[PDB]
Amino acid sequence: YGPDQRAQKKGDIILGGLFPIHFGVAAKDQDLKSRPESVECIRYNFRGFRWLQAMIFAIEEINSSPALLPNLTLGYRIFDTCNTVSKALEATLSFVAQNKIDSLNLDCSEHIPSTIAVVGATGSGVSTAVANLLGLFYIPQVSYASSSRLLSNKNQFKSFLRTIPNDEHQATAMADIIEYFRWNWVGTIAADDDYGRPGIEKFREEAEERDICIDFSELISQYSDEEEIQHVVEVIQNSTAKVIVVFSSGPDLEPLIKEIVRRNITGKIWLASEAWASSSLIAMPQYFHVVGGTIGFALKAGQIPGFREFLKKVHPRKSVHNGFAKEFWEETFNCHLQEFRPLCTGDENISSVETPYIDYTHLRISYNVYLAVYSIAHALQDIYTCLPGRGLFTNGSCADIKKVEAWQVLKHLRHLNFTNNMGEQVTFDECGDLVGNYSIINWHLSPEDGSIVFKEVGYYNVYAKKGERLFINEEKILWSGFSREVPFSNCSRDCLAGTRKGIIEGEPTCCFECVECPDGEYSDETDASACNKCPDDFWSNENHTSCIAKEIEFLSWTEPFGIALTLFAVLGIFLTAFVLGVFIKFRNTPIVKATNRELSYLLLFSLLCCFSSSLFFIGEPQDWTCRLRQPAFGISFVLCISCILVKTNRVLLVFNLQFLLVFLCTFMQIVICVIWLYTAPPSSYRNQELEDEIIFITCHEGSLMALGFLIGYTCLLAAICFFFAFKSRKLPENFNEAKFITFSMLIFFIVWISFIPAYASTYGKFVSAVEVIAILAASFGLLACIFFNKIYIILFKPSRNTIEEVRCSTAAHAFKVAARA
Amino acid sequence: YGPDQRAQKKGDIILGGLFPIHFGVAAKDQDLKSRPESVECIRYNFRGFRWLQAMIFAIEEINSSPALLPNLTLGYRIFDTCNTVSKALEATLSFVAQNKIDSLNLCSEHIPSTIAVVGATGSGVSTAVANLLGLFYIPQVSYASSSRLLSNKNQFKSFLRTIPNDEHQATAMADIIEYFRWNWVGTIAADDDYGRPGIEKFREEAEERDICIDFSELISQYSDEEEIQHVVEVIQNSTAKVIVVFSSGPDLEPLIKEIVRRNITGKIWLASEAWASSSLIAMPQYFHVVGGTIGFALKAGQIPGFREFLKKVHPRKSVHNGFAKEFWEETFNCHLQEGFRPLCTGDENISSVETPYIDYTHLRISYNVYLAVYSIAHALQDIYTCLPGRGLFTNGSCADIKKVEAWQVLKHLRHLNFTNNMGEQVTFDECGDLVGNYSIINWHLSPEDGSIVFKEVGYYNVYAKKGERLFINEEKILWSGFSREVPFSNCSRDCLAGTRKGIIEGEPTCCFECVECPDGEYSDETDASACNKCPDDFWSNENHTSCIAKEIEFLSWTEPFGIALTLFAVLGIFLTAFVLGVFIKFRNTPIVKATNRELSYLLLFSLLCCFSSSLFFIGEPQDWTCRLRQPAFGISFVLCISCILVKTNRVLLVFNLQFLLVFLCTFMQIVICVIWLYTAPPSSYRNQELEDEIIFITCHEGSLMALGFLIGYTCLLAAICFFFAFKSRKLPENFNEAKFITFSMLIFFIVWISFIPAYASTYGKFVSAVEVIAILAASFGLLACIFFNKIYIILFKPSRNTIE
Ligand SMILES: *[C@@H]1O[C@H](CO)[C@@H](O[C@@H]2O[C@H](CO)[C@@H](O)[C@H](O)[C@H]2NC(C)=O)[C@H](O)[C@H]1NC(C)=O
Ligand SMILES: *[C@@H]1O[C@H](CO)[C@@H](O[C@@H]2O[C@H](CO)[C@@H](O)[C@H](O)[C@H]2NC(C)=O)[C@H](O)[C@H]1NC(C)=O
Ligand SMILES: *[C@@H]1O[C@H](CO)[C@@H](O[C@@H]2O[C@H](CO)[C@@H](O)[C@H](O)[C@H]2NC(C)=O)[C@H](O)[C@H]1NC(C)=O
Ligand SMILES: *[C@@H]1O[C@H](CO)[C@@H](O[C@@H]2O[C@H](CO)[C@@H](O)[C@H](O)[C@H]2NC(C)=O)[C@H](O)[C@H]1NC(C)=O
Ligand SMILES: *[C@@H]1O[C@H](CO)[C@@H](O[C@@H]2O[C@H](CO)[C@@H](O)[C@H](O)[C@H]2NC(C)=O)[C@H](O)[C@H]1NC(C)=O
Ligand SMILES: C[C@@H](N[C@H]1CCN(c2ccc(CC(=O)O)cc2)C1)c1cccc2ccccc12
Ligand SMILES: C[C@@H](N[C@H]1CCN(c2ccc(CC(=O)O)cc2)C1)c1cccc2ccccc12
Ligand SMILES: N[C@@H](Cc1c[nH]c2ccccc12)C(=O)O
Ligand SMILES: N[C@@H](Cc1c[nH]c2ccccc12)C(=O)O
Ligand SMILES: *[C@@H]1O[C@H](CO)[C@@H](O)[C@H](O)[C@H]1NC(C)=O
Ligand SMILES: *[C@@H]1O[C@H](CO)[C@@H](O)[C@H](O)[C@H]1NC(C)=O
Ligand SMILES: *[C@@H]1O[C@H](CO)[C@@H](O)[C@H](O)[C@H]1NC(C)=O
Ligand SMILES: *[C@@H]1O[C@H](CO)[C@@H](O)[C@H](O)[C@H]1NC(C)=O
Ligand SMILES: *[C@@H]1O[C@H](CO)[C@@H](O)[C@H](O)[C@H]1NC(C)=O
Ligand SMILES: [Ca+2]
Ligand SMILES: [Ca+2]
Ligand SMILES: [Ca+2]
Ligand SMILES: [Ca+2]
């Protein structure tokens, strides 16, 4: 009773089966103008038939063993679901036919069989729908393929168990693979069912913690219409993201792949979930230029030893218990069995045709089917061997094996721990789950046959700690089926050393602009968020990748200018010392004795101090040299001017008594200098505001009226000396001294007046060189005006140094005779 | 047959119904050490019993009316689901017991046949019931299930609903958040088929409008202590104040109880429709946490005899309602004697106890139940009045009302269009849905008894054009129950003008810092992502809000410096004209023909030209003053130098010829200036790179070689005349003028060497000043020591003293 096409065999204990022998149903959703009929399954699935044969082979192998359930046989009733909720519910209503009559008091045939457990429901929505109806009657349901996390809820799904791991490790592993290859710009596609939606939600939650930006997220279906598919295609080809993560199955993904292949969209990196990473619907050679280089997940393979020889024994006339063998024979050989295609014989050979039935290389879901059947058999064997007094039920009492009920088998399945043929331990946890490792594979092209080869490139170990679970061998991956270069999948290129990041408005964090830093700031590492302002006495490059030290500007002792000015100063000091020496040697003579013999000594000492006071303007301006820069020249030159002015002419008649005048004339300068240095002294000053890349060192004078008073006092005494010596230029005594005094005063005023435009233009820039040159020029002019004339008669023409020449000049000059050479 | 507690009446045509009379089932763990019993239902639900009474009132009203299905009765079988999939699945297997026997080909043979089911409340229960009812094409009309996943007609073939689905609601929450200008919110969903698509649609709509979501959590009714503690810790670690909740009342009650136990105040709760009017959550003792909630409600309908029917209920007079006895026990808190808690009597008054049964303002879900029943009956009436030859079936054939089948009822339900008691039109679309408006409520506190009052503060109009659907009256909102101020729920504070948003690493784009703008760039808006560049002739102000105009710089008139230079030039022109006038006055005295008096006229005219040539430097250069700046002074000063050098000693004997030897040395310079002006003319220039804040206006010379030749010829002529006047400085003829020529050339060379460091140092306004001052000083010195001694001799010294 129930569906017609089935696999059935009698026994003492009956198991139920649910497998997708067809991929789907015929699209015939029309109005109800006639009474509705049964739908028609459309596309044959050879892999599902192999799964059904795995369950049949496991049952036969259990029934031949004397060590597992002796003297009682197992039977089966297996139906087709066609990947559809409605066919599975039609089969499940016949699974619970005995139990439902008792609950509804409906009463009658009294010869209907009871199933104790159900193996089946590949797809997760089909699994949830079957689990809802089976959990009413506490019938256990072991699934070989459904991996949704929503079926781990034991409040709603009381009797559901799995031989496959659930999909949360897979989503975490997908995030880990994206993190390993250093991408941050991806798109996601999931199937709109109970399988794709929670997996892609877990992947989104994991990708948010690892700073991965997701651009698009779309949903697809097997029964999607055309305009939805073109909306998804325009969403895909409007993005610059290359990596697409797909959580779907084969028949749910086929129309989108067909539309993408038709439009020739190339260069995408597909990350596949386990449900389509080995599908024969997607892995076609004609699709390769779109789907080459896919990276995907696989489960761990197992060995069922005599299974291939069992698969090679199928026949339509010999399989009396398998009602699916006839259509399998017709779809393999494209023929028709009697009772337009030609008539089948039974002589045809399975090895001649290439379908996924016997052309596989690893058993993964088939091993899960085998493990499910053996789990149920080991729970039954635990029932059979249990000793009175040590059971799992009330008082420690044992179930009866000849009247066994389904809830007792479910209770024994919750406490199961057995060893399989691989020598590993199979137990289920509190949520009914079962952990396992993952293999990581990559799609290649076969050079010989042209088909698609699945190459193992890594693994995911679930028993390691978080962060150390992934292994990938990068050298074995071909990236679009041909290339050895890891692709670029970021939103924007990396900012370089001279730049920083900038926000683009309305766009996520992974997309940024690269902005040049300003003239004062730098950056050194790659993806900077801000330019660091490096501290004082530093400035950036022209390229802003670092910053370098500023340049300190001042006049030092090692410049050529400094050596030249030092040589001129030392030569002046040597010449003045030479003149003092010849005055000391050739004394007691009328030329020296006529020049008062004591004012000349102090005049030469003043000239020595005025020459040596120009050395404070060269070097680094410190706090104390800036205090003695200006007063040193200010007192030395006024001492020299007073020594010149005291000796000239009848001004001494206006009132030794000569020295007191010099004493007052330099003591006034001494007191104004000491009150200036005690009220507000000058000090050094590091100027950075004039030019950006150069620190000047200059001197701030403090007060300004004190400096004006100093220069005014010196110019006042110079003008008084010039005026009083300007009257007396016609007296031809002492070798015409007053003419040279007026010449020296004129030289002083001309130099310090003509140096005015040089002083105001380059103010703040090395003006101390100008201040050295003016001092040296004035000192040289005064010394050469006063002493060299008398030196020429004293040294090179003696016996003219006589009293008769001082009182009456004999008209012979030094400079004309020296210029005559 | 089936479940024991039921409501049941007989009839010709039988409808089915599913309502939650209890809030859930007893939380017990099955160790499976004995055979499992049936689970027990707990926490009576008075609103659900009112919902069940709506269906019976509708069916009795239809049965008493002669204008709708005459001579034909309706019956019912109604069961309790307890918000659970398994109880509803037992009830649904009781519904389909006739149809399933024929499909399996599998005793009583008098089994009644259900032709339609009034649906469930929650979407998981509706999906599980619809999966089984679609196998037999039995129509199912739900009054409350609003999930989008039930709009898929490939999976759910026979499902209809009188409630709008949740996509408009999830768009409306994002519209509310956009209206109050928030960008930093959190979400909480219930882990079922109701909360997950609602929060997914909200997340997509909020990412469309630049709203950043901080956290996202799932809750349930059966969450334990550690999950609730984790969710409360996730809430308490976040600065987001606005929280959007998509859940029902039973699924949200444990989280709310734990938040109340910790006194977490200050959050802004945004309520979906399932818990926005829930008595489990809207309690006075929770008002310090969930006060001021803004939520959604459906539109209210009117059923004009329904309250009287609700008050006619009785445990011993309702013989078709099995749910009345437990209602009566739970209302009056007693025990009913069958056929401490006191013994109930039959004489109690329903108005004495405040339960949600007759304590309501508006009928919203009850009106949906009423519409579901009337939709089914109007489909049956459309069957009953079909005319032969115009049916909906094959060849235009009509179904038979005495032998009706459920697929024909579903076919007529897909083509239904009728008018209701409120005067609106009821049709279902191709996905089986029905749109409707929303009302927006705010949770206040009553000053009378302390209960929670729902106040209407706006609407959402789904018939309007997108972007114009929301209306909010803000003056009626009390935030947190007491405050009249809109709260702040942004991640970061705003950056003002003169600042730029800077990135914080590892954080979303709604969180940023503020960095000041650079010197040459400006930003006037707030929350500016970058500084904008000022234009070419503009610079930014002191806080970089707007560009101000760049200052221009040149030596100008009405400046004090330019006025002083102009007064000195006018004074020089005046005294040179005085000297010329005195010389033309005494043109017939011996001391004037002592020199060549025709040459001194040319010398004084060239001195006038040399004074007048200095006025071209002052003012703004206008691209023709730059052409006449340098050649005018060049030719005037070489005319002065040649006029001096002709009259010196022993050059005129070398060679009337004086004017020719003037003409050659001025014609050479005229040739140089005219070649320079014809080949590469000077041009004006606006210099901007010297200061980057001021624009200097200068003259680009155009050629340096020609300017070098122009200077060098003048220097050469000055050197030759200096040498030829230096050889004969001791001669006393012409009042010792050779030493004065020597002094004039010495002054010229001293000034033009003294002003050379002022050309390599300063660059702006102050260079034209020194070009005026050097010209003035050189020409003043030349004129002074050439024509002052003779002027003293003629004028101030007596003319009787040595004029012969
Ligand atoms: C993909 O991008 C294209 C290119 O911009 C979009 O096409 C344009 O869309 C705008 C928006 O209304 C229209 O004004 C233009 O007329 C469209 N141009 C063309 C050539 O169609 C397109 O809408 C985008 N699609 C998706 C799904 O985002
Ligand atoms: C693409 O973007 C990622 C994410 O920012 C970059 O990965 C960073 O690379 C730098 C340099 O190697 C590391 O210091 C960071 O730790 C990486 N971040 C993360 C989260 O792993 C990646 O370098 C970018 N790729 C390209 C080609 O620009
Ligand atoms: C919180 O952030 C939002 C941005 O998401 C701000 O809204 C902007 O406000 C400015 C000025 O008030 C408007 O010019 C923009 O058009 C608004 N943008 C949007 C998208 O609405 C909001 O002002 C911020 N709130 C506070 C208190 O700073
Ligand atoms: C919420 O914030 C608290 C406060 O930091 C976190 O508690 C600390 O977590 C760190 C890291 O796990 C521990 O080292 C500390 O001992 C914790 N306690 C304290 C008092 O600092 C808590 O982990 C956060 N929770 C969530 C869900 O974010
Ligand atoms: C949904 O709400 C809108 C606005 O609340 C209703 O439109 C109003 O209809 C009345 C009468 O038809 C008019 O007087 C108002 O001017 C309308 N307002 C606006 C803003 O258009 C609309 O009728 C409601 N729809 C339903 C089905 O009740
Ligand atoms: C070395 C100099 N110091 C600096 C300070 C400003 N400066 C300066 C330059 C030119 C003039 C025009 C003028 O009056 O001829 C006036 C001043 C030069 C100095 C120090 C002390 C006394 C001085 C006495 C007389 C001249 C120089 C003096
Ligand atoms: C008034 C003077 N003007 C000349 C003097 C120096 N000057 C100048 C201008 C620009 C640069 C290059 C730069 O800075 O880009 C260099 C020099 C401009 C003048 C005019 C004509 C003949 C003269 C004969 C003798 C002395 C002066 C003469
Ligand atoms: N995990 C899938 C089922 C599945 C696993 N592997 C497969 C291979 C082929 C087809 C389906 C599958 C689901 O729950 O829906
Ligand atoms: N829409 C809710 C059901 C619902 C609507 N309004 C309600 C009021 C109270 C309880 C439940 C509801 C769901 O699908 O789950
Ligand atoms: C299963 O059995 C093995 C040995 O019999 C034991 O080591 C292991 O812990 C058991 N597993 C569980 C989950 O009890
Ligand atoms: C999982 O993978 C790791 C690493 O390859 C391996 O050591 C471990 O044994 C595997 N686990 C199982 C159960 O096979
Ligand atoms: C900038 O220029 C310098 C030398 O000109 C060079 O060494 C440096 O690498 C450059 N920086 C960048 C980021 O190109
Ligand atoms: C329903 O009937 C009314 C009355 O004629 C009509 O205006 C309206 O368009 C109809 N609606 C549909 C969906 O046919
Ligand atoms: C700029 O800032 C100053 C003080 O910091 C203030 O006086 C002035 O008004 C500001 N200008 C603008 C345009 O805000
Ligand atoms: Ca056996
Ligand atoms: Ca955006
Ligand atoms: Ca009637
Ligand atoms: Ca983050």
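Chains: lettered A, B, ... by order of sequence lines. Sequence positions for chain A are given in the PDB entry numbering; the residues included correspond to 20-126, 131-362, 391-706, 722-887, in order. Shown for chain B, in order and in the PDB entry numbering: 20-125, 131-363, 391-706, 722-870. Both ligands and their constituent atoms are indexed starting at 1 by order of listing. Quick note: numbers below take in every heavy atom, side chains included, and nothing from hydrogens, waters or symmetry partners.
By contact count, the main macromolecule holding ligand 7 here is known in UniProt as Extracellular calcium-sensing receptor.
Drug at ligand 7: evocalcet. Those other chains that come under 4.0 Å from evocalcet (ligand 7), heavy atoms only, are B. With a heavy-atom cut-off of 4.0 Å, B/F688 does not touch evocalcet (ligand 7) at all.
Of all protein heavy atoms, the one closest to atom 7 (N) of evocalcet (ligand 7) is B/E837 OE1, 4.2 Å. A heavy atom under 4.0 Å from evocalcet (ligand 7) is present in none of the residues that UniProt lists as binding L-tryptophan in chain B. Close contacts between evocalcet (ligand 7) and B/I841 involve ligand atoms 1 (C) [criterion: under 4.0 Å to a heavy atom]. Scanning B/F668, B/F821, B/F814, B/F684 for the heavy atom closest to atom 23 (C) of evocalcet (ligand 7) points to B/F684.
Of the polar atoms of B/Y825, none of the N or O atoms is found under 3.5 Å from an N or O of evocalcet (ligand 7), judged by distance alone.
Distance from atom 25 (C) of evocalcet (ligand 7) to its nearest protein heavy atom, with residue and atom name: B/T780 CG2, 4.0 Å. From the protein, the heavy atom lying nearest to atom 6 (C) of evocalcet (ligand 7) is B/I777 CD1, 4.0 Å.
Within a 4.0 Å radius of atom 14 (O) of evocalcet (ligand 7), the protein contributes no heavy atom. Among all protein heavy atoms, the one lying closest to atom 8 (C) of evocalcet (ligand 7) is B/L773 CD2, 4.3 Å.
Within the 4.0 Å cut-off (strictly below), a protein heavy atom is located near atom 19 (C) of evocalcet (ligand 7). From the protein, the heavy atom lying nearest to atom 12 (C) of evocalcet (ligand 7) is B/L770 CD1, 4.2 Å.
The protein atom (non-hydrogen) at minimum distance from atom 26 (C) of evocalcet (ligand 7) is B/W818 CE2, 3.8 Å. Contact with evocalcet (ligand 7), defined as a heavy atom under 4.0 Å, is made by these UniProt transmembrane segments of chain B (N-terminal numbering): 3, 5, 6, 7.
By the 3.5 Å distance cut-off applied to N or O atoms, B/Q681 is counted among the residues near evocalcet (ligand 7). At 4.0 Å, heavy atom to atom, the residues around evocalcet (ligand 7) are B/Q681, B/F684, B/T780, B/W818, B/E837, B/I841.
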